[PDB]
Asks: 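Just downloaded a structure that has EVP-6124 in it.
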Amino acid sequence: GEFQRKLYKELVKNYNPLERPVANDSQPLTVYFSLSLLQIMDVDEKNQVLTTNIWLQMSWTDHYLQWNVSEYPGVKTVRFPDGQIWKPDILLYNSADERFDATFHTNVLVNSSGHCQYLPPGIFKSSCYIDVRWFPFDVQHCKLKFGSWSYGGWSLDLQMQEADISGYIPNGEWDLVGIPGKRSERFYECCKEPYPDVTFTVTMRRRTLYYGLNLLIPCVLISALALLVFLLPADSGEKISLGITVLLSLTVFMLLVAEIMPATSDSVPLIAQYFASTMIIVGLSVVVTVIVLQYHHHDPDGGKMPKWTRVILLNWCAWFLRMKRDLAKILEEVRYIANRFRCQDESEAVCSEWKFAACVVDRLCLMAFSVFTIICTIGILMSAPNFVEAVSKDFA
Amino acid sequence: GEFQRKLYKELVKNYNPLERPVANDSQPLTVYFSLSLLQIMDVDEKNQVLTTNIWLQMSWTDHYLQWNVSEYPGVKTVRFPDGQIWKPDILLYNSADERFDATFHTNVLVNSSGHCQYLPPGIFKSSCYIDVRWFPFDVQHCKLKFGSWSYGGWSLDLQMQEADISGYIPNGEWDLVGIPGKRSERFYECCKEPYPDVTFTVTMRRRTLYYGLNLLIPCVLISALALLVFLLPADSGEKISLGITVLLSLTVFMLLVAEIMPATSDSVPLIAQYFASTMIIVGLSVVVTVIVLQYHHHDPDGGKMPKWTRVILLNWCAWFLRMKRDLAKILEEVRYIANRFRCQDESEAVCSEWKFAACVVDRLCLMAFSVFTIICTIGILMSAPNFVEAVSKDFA
Amino acid sequence: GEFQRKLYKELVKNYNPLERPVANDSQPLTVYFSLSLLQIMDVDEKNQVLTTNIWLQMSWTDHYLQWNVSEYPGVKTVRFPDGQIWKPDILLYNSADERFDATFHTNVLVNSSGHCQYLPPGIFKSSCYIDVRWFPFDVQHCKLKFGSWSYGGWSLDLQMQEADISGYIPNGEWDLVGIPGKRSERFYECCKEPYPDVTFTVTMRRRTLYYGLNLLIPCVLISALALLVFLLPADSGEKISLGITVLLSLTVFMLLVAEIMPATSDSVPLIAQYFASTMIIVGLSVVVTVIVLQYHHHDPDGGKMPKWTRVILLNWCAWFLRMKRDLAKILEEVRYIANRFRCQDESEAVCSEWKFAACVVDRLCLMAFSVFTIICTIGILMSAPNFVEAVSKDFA
Amino acid sequence: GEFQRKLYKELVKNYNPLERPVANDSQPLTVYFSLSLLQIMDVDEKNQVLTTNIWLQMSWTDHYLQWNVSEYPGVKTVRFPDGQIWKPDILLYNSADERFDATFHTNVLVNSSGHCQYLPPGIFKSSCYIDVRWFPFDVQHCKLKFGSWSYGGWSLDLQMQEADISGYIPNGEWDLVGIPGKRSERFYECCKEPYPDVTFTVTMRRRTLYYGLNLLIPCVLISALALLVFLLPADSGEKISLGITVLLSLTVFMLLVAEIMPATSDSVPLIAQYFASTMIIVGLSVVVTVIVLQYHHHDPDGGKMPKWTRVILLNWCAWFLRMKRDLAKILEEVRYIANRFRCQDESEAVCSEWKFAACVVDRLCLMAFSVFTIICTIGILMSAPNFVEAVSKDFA
Amino acid sequence: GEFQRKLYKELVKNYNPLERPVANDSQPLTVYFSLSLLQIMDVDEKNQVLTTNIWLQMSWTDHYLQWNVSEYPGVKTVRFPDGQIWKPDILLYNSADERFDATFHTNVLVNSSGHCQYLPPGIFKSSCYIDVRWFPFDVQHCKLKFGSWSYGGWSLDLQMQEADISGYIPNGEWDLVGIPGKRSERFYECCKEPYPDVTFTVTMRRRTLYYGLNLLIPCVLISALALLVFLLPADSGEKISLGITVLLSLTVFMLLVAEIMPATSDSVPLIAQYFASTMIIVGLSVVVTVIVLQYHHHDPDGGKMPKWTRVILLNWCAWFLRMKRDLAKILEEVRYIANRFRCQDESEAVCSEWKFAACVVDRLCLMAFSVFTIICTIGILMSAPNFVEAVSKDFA
Ligand SMILES: O=C(N[C@H]1CN2CCC1CC2)c1cc2cccc(Cl)c2s1
Ligand SMILES: O=C(N[C@H]1CN2CCC1CC2)c1cc2cccc(Cl)c2s1
Ligand SMILES: O=C(N[C@H]1CN2CCC1CC2)c1cc2cccc(Cl)c2s1
């Protein structure tokens with residue numbers, strides 16, 4: 001229309017985009033900064049970066065962009081693109097990405113009385129600190145530091161508005177708790193400029209259904225089969241075969257885990273200790289099995305038990321586990337044959353109790369290793385704080 | 001020509017690209033928005049993004065870009081590049097990508113009467129929600145939210161036209177069902193501006209031939225060999241060897257699966273339950289085999305059956321499975337030799353029935369584990385909705 | 001020089017880059033479009049994109065960029081950068097990449113009589129259809145659709161010139177066959193504008209030496225060792241050990257293959273069927289071995305053969321394979337000892353023929369499984385079209 | 001305000017951004033360059049690049065950007081964007097990235113007396129030299145070369161200020177030691193221009209808790225089980241089974257290691273030697289086991305010991321390890337039976353000492369291989385310099 | 001200063017950046033092109049691209065950028081940014097990257113007499129041909145084609161200067177040999193324009209310490225253990241177990257190798273043949289072991305040797321390897337017992353020589369397979385040209 005064309009001509013008349021729109025060059029310009037979280041794109045522990053899709057709202061007041069409604073009746077608001085009107089230089093301080101702005105400058109709405117609002121969308125990649133302790137059951141606090149880069153305390157008075165979460169599109173992996181904020185001003189090394197800033201911190205809780213079922217559940221089941229060695233009879237030459245196959249089949253899990261675990265020397269993660277515990281329990285099973293096996297094939301008539309094994313593994317431990325354990329030359333020739341058989345029976349009896357001792361050790365170690373696994377798995381998981389709420393929410 | 005050069009000079013005379021081309025600054029400008037799907041580039045479940053190659057069509061009416069055909073006979077249409085004429089700021093609301101526009105501004109056609117049409121091509125990366133439940137047999141609905149960013153209800157009246165699918169170049173992985181749309185206007189927190197938008201939703205069905213043959217078919221075959229342990233004789237020291245090798249060879253499948261499965265704690269995927277079922281069936285086979293093995297090498301003369309095994313596994317279960325099961329000193333020396341052989345026969349007979357009990361258990365568990373696998377594999381697959389149509393289309 | 005400086009001043013005088021350089025605004029401008037293939041960067045089956053490094057040649061005639069050689073003797077040609085003279089908007093229709101142009105605008109040569117030629121280099125990422133059937137022995141046809149975006153039939157008459165392949169730098173993986181082209185014009189949904197285009201199709205043949213030697217050759221060799229189970233004696237408790245280790249060692253190949261195979265449900269690839277055939281042949285070997293093993297450790301005196309096995313595996317199949325298969329009490333005590341030995345001999349004879357039956361089955365299955373593998377491997381490879389030429393070229 | 005609008009108009013009056021702001025064109029312009037390290041993004045050994053998030057500070061003095069405070073009372077400082085005032089062209093010399101600047105030009109503060117300061121933020125990817133020797137316990141020195149590109153010694157006198165580390169946000173993987181710097185000027189091949197530069201070197205120490213626990217600790221434990229072969233009795237046919245399974249299960253570690261190790265032929269890394277030592281120790285265990293096994297199943301009555309084994313492995317080594325090791329025809333028939341049994345006893349005795357020799361070798365090799373592993377693991381780790389401080393800090 | 005401000009004003013007066021700075025428009029402009037290699041970023045065989053960080057030097061003479069030193073005493077040189085003075089359009093012809101220039105336009109130095117020099121830094125990604133034959137011991141020649149894009153022979157006379165390598169920062173993986181160059185002009189299809197160019201070829205030698213130690217050394221060691229099967233006694237049921245475990249553990253190496261090997265069907269790489277040789281040697285070991293095993297468990301009394309084995313493996317091969325290899329009824333009952341034992345001895349003797357034949361074959365195959373491995377490993381490595389220099393440099 002003729003009024004819109006006319007109004008745009010006075011508005012850009014003698015206008016300098018490099019100038020603060022303050023009427024008096026002695027008072028700071030009040031700028032209201034807010035934030036709207038639309039979704040959490042991804043949280044990557046390896047690079048310790050946080051990708052979020054958010055909206056920004058910068059609102060200030062202009063003095064030269066004012067006009068009377070009566071003179072121009074039809075038009076009420078005007079829009080100016082980037083590079084034609086003064087805008088605040090508020091930007092993310094972290095900005096862990098190649099290009100540092102990440103704001104996608106759009107049109108800037110202008111009031112009928114000079115109140116200018118700016119609503120740019122962008123995808124931000126901030127530098128967060130992923131404290132990976134109690135990894136499946138961890139809560140992360142990520143900060144977003146926003147503030148002006150060239151305007152100090154007396155030039156741009158940065159104010160704060162509460163963050164908006166109307167429309168969040170939940171990720172499904174991380175459960176958002178809340179996004180509080182804070183406004184403060186600090187003194188930097190360069191200058192005597194007190195620089196205000198707005199720091200929005202994001203608190204999110206990691207869901208545990210995927211990690212618990214795909215990682216924690218198989219570990220208990222695989223470790224259970226390593227406990228099944230003591231139930232196999234020693235006759236079947238198969239004890240070490242299943243003893244070492246489970247160990248080989250269980251080292252593969254940290255290969256997946258280490259691909260996700262950041263290589264940070266802050267603290268030993270809970271998942272790292274739990275896997276390490278399974279290494280030792282399965283590893284010590286093979287060592288015990290070797291001791292059991294040599295008790296079976298002891299090659300008798302080559303050394304008797306030192307009389308401590310006859311009383312420990314056959315009287316004390318056994319009670320606990322309810323084991324309950326021309327004719328003259330013809331005669332001489334037959335004499336040797338029967339005596340040889342008699343000596344074979346004596347050797348068999350000596351070897352028989354050697355095998356029974358191995359059975360006692362196997363059964364004794366089964367009870368000892370079983371209670372170790374029960375308290376090791378439970379004890380580590382119980383130690384994690386807020387473990388109960390995650391189970392009560394994700395699982396139950 | 002001289003007419004084209006002349007016409008371009010009046011057209012750009014006193015023209016402001018920042019002004020809405022409405023003749024009266026009281027009525028909204030009617031803008032027709034449509035869409036044309038050219039192909040689906042890729043659907044990624046891990047990042048929950050949808051990459052599509054589409055075309056856009058924005059058509060509106062201009063008031064200052066009008067001329068008489070008689071005055072300029074040769075020229076009928078003119079084209080203006082970006083930044084020289086007013087264009088709507090319609091953009092994708094989701095825009096899950098670094099740069100937010102993704103439109104590749106091109107020349108804008110102009111009528112002889114002021115009807116301006118704009119047809120920019122681009123590759124869009126929207127943020128979709130991949131509900132991964134019944135993963136091989138899932139249907140995904142992806143939304144595309146388009147609308148103006150700075151013009152409200154009274155400024156830009158956004159209209160809708162039906163989506164165009166003339167030329168789709170089918171992906172081969174996802175089967176397109178349809179792309180319906182909707183026009184609505186909502187109230188936002190910033191302003192009293194009712195903002196219209198056009199939301200095009202894309203419904204696609206995942207094809208199952210690749211996932212069924214490369215993932216589902218081998219799982220049945222590998223689980224079948226784990227069922228073959230009960231057919232192996234216990235004499236060959238090879239039962240646990242094949243019992244645990246199949247288990248080791250079958251854990252590798254979720255390694256491929258987890259690399260594709262998004263780590264979302266929304267619901268347990270169908271493929272996750274089916275793999276978990278195979279874990280337990282194969283895992284319980286090793287536990288049963290250990291019980292069977294200790295029934296074989298029972299070391300007789302160390303405890304008889306409690307008289308419940310003589311009647312259960314030898315009379316009840318066996319009937320079900322059709323098993324059907326100087327001279328005086330010379331005489332004394334020969335007396336011991338024959339008696340020793342007689343005692344060996346008695347011990348062999350006792351051990352013989354111990355081995356037969358193990359054979360009954362093996363055969364009994366073969367029948368029980370077979371029907372479990374048949375109903376577990378079928379039962380999980382039947383539970384998925386629209387399973388029949390995918391088989392009737394992709395396979396048959 | 002003074003003439004070059006003077007000439008540039010009249011040339012840009014009253015020049016509008018938005019105007020078609022036609023002298024009469026009623027006839028289309030003839031634009032000659034060609035192509036020069038410099039190399040094929042990469043063909044990716046997963047994303048179905050084709051990356052090529054090519055050159056473009058757009059040549060048209062300008063009316064305002066003309067001058068007399070006599071007036072300016074030294075200068076014969078002039079060059080204008082992008083944004084200063086009118087250029088056609090020909091662009092790739094597919095453009096499967098983030099930015100859509102991929103042309104790297106350079107200087108544009110200008111004749112002494114107005115004939116303007118434009119030779120921009122670029123790397124193009126078109127969207128091809130990789131029909132992966134007979135994957136090692138496949139020929140792919142990739143199209144490149146070029147045409148104007150804003151100028152119709154009556155505005156820009158797009159012509160065609162033959163593609164140039166002078167200098168190709170062969171890739172070494174794909175063998176180029178030829179690059180023919182076509183010029184046609186179609187009617188689109190938007191407008192009554194008949195839009196001409198030039199479609200250059202690229203035909204390339206995949207070389208087979210790498211895929212044949214690294215993938216096809218090991219498969220035959222590994223499957224051969226799975227056939228070696230029937231030659232192992234049943235006494236050595238090692239038949240299932242090598243039966244299942246080969247199967248475990250052979251599942252790893254599709255892990256490499258599936259990483260290359262696109263997940264397209266168009267048709268079952270030849271390499272997929274060939275691997276699936278090896279699964280069944282190796283898988284059925286373990287099933288046969290279990291049947292053979294239970295024929296060995298049959299535990300005699302627990303059931304005789306049903307008299308069909310005595311005649312089938314011992315008379316019919318065996319002929320085919322050339323198998324050819326006080327004193328009174330002293331006497332009574334010795335009577336039992338000899339009779340016990342006699343009964344042992346009878347039991348050994350019964351078990352002896354049980355073992356021989358297992359040997360016959362093993363040898364019989366070796367002949368049957370051998371011919372199956374020979375015709376399965378050859379039969380699948382022969383079915384692929386143009387298999388002979390690839391072997392005659394890549395190998396021989 | 002009116003004063004800010006007025007001041008900006010004289011400041012940009014007759015101003016050339018291509019001109020050095022020196023009042024006299026005979027003296028170099030003094031530019032103060034500093035640096036502020038905010039965090040270390042990532043150190044990648046494969047590409048030998050160092051990604052850091054740092055801030056820059058370039059401060060110089062301008063002669064034309066001066067004004068009187070009395071004339072313009074309200075305004076004290078002004079800001080000019082890029083491309084409107086002269087700025088130094090200081091840039092990173094290494095710049096191992098696609099775009100070479102990586103500075104994100106921002107507003108430039110201006111004094112009331114002409115002192116201009118410039119504080120651009122950016123993420124820099126310099127080309128470092130990762131000397132990977134003693135890899136878990138290494139200290140890296142990375143250089144950052146900054147200097148002007150077009151201004152020589154007499155044009156831009158580049159000065160140096162101490163680096164700032166107020167706020168570092170420690171990475172958790174690398175421990176920062178310090179960031180010293182240096183200012184020097186060199187003569188280049190192009191010109192007689194002495195070019196000053198500022199080289200900031202970054203010294204960081206890699207933390208060892210993650211690499212020690214996830215890589216070094218399992219290696220000792222896995223190598224311990226390879227040492228357990230000599231404790232297994234030779235009767236259980238399981239020595240090679242555990243001998244070769246550990247070797248198969250231990251080759252997988254360099255697969256993870258080689259994925260991290262850069263392929264640089266500078267020196268053999270400490271982790272490479274330590275893994276290579278474990279290869280030989282585990283590998284030689286299988287060779288020894290084969291020698292031990294053939295001493296067990298020696299098939300007696302086929303060769304006696306050469307009388308050196310009777311004295312070495314049975315008298316010398318055994319003492320070290322405390323081993324301590326009608327009637328006539330009736331008579332003739334019984335004569336053979338007893339003599340046959342007597343010959344069996346003699347053969348058993350000969351085979352008995354053959355088995356005992358294998359037991360001595362097994363035990364002897366257990367002592368020899370144990371001390372080898374203890375000194376090989378400790379000896380390699382001790383050789384690394386500053387090994388003690390890393391253990392005293394990261395672990396203790 | 002006032003002189004610098006004044007000089008810049010005449011210099012840009014009536015200056016056209018589109019014009020060649022030649023005083024006479026009949027002679028070509030002499031442009032000197034050189035190169036400085038700073039480092040080799042990476043050489044990637046899969047994509048056949050070469051990433052290098054180099055500097056360029058373009059020097060020409062300008063006619064309009066001249067001034068008298070006396071008139072302007074202080075200033076001696078001036079700098080003009082991109083887009084304000086004429087510059088040559090020399091660019092890399094290969095440019096295997098998204099953006100085609102890769103030059104990072106900087107300030108351009110100007111003499112006091114018109115000699116203009118241009119020194120832009122950049123990271124170039126050229127398209128090289130990696131002839132992967134004798135892969136660990138290969139030398140690659142990579143070309144860099146530089147030349148003008150729009151100026152022909154009579155317009156821009158491109159000259160050449162020797163490449164500079166003062167400061168190379170050796171990569172550590174590739175050993176630079178030299179960078180020679182060449183200047184030539186060719187006739188293209190478009191035009192009668194003879195286009196000069198400068199082609200700098202880079203010759204680099206790959207270092208072998210990393211590839212030799214991490215890949216070649218383990219292959220010899222793993223193949224050695226596959227040769228240890230023939231030393232294992234056949235009694236221990238463990239020959240196939242170690243025979244097939246080594247084969248399973250050795251297929252994993254090409255998985256790493258194929259991830260590095262480009263899929264080019266040019267020639268069979270040396271590393272491919274060496275791995276293929278190890279496949280057959282290890283593979284044939286299992287086949288021989290099966291033949292040996294069936295010679296052990298021959299089940300005697302079921303066929304004698306054909307009298308060729310008695311003379312070949314027991315007389316010829318054995319000599320080579322130094323093997324050296326009421327009363328009447330009482331009497332009748334004892335008669336059978338002794339005769340049964342006598343028949344057992346005869347059967348044992350027949351089986352004894354069957355086992356000895358297997359021992360001869362095992363030992364005979366050990367000698368034959370050992371010399372095969374020695375000449376196969378050495379023979380392949382010796383065939384590679386310049387193998388000796390790499391060992392003499394990288395290793396010794
Ligand atoms: O209403 C809005 N944005 C709409 C206006 N335009 C049209 C649709 C929407 C996006 C652009 C709002 C955006 C933000 C951002 C940060 C903080 C707050 Cl409190 C708000 S409220
Ligand atoms: O001759 C040429 N290009 C040269 C001219 N300049 C200098 C060297 C070369 C590149 C730039 C040609 C380029 C093309 C492109 C497409 C089709 C055809 Cl038939 C041709 S012929
Ligand atoms: O001297 C130089 N470059 C310095 C000048 N400026 C300041 C420091 C350096 C980089 C910019 C040189 C650069 C090149 C490039 C190619 C060939 C040659 Cl023979 C040379 S000589």
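Chain letters run A, B, ... following the sequence lines, proteins first and then strands; every chain starts at 1. Numbering of ligands and ligand atoms starts at 1, following listing order. Header lists the method as electron microscopy, 2.8 Å.
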Asks: Identify all ligands or chains assigned to EVP-6124.
Replies: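 The drug sits at ligands 1, 2 and 3.
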Asks: Which chain is the largest contributor of contacts with EVP-6124 (ligand 1) here, and what is it called in the PDB entry?
Replies: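 Chief contact partner: Neuronal acetylcholine receptor subunit alpha-7.
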Asks: Write down the other chains that contact EVP-6124 (ligand 1) with heavy atoms under 4.0 Å.
Replies: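 Other chains under 4.0 Å (heavy atoms): A, B.
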Asks: Which other ions or ligands have atoms closer than 4.0 Å to any atom of EVP-6124 (ligand 1)?
Replies: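 There are none.
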Asks: Help me out: what species does this PDB entry assign to chain B?
Replies: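 Per the PDB entry, it is Homo sapiens.
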Asks: In chain B, which residues that UniProt lists for Ca(2+) binding have any heavy atom less than 4.0 Å from EVP-6124 (ligand 1)?
Replies: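 Applying the heavy-atom cut-off to the UniProt set, I get B:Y188.
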Asks: Under 4.0 Å from EVP-6124 (ligand 1), which transmembrane segments of chain B, in UniProt's order from the N terminus, have any heavy atom?
Replies: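 Per UniProt, and measuring heavy atoms only, that is none.
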Asks: What is the residue-level binding site of EVP-6124 (ligand 1) with heavy atoms closer than 4.0 Å?
Replies: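 Heavy-atom contacts: A:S34, A:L35, A:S36, A:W55, A:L56, A:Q57, A:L119, A:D164, B:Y93, B:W149, B:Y188, B:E189, B:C190, B:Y195.
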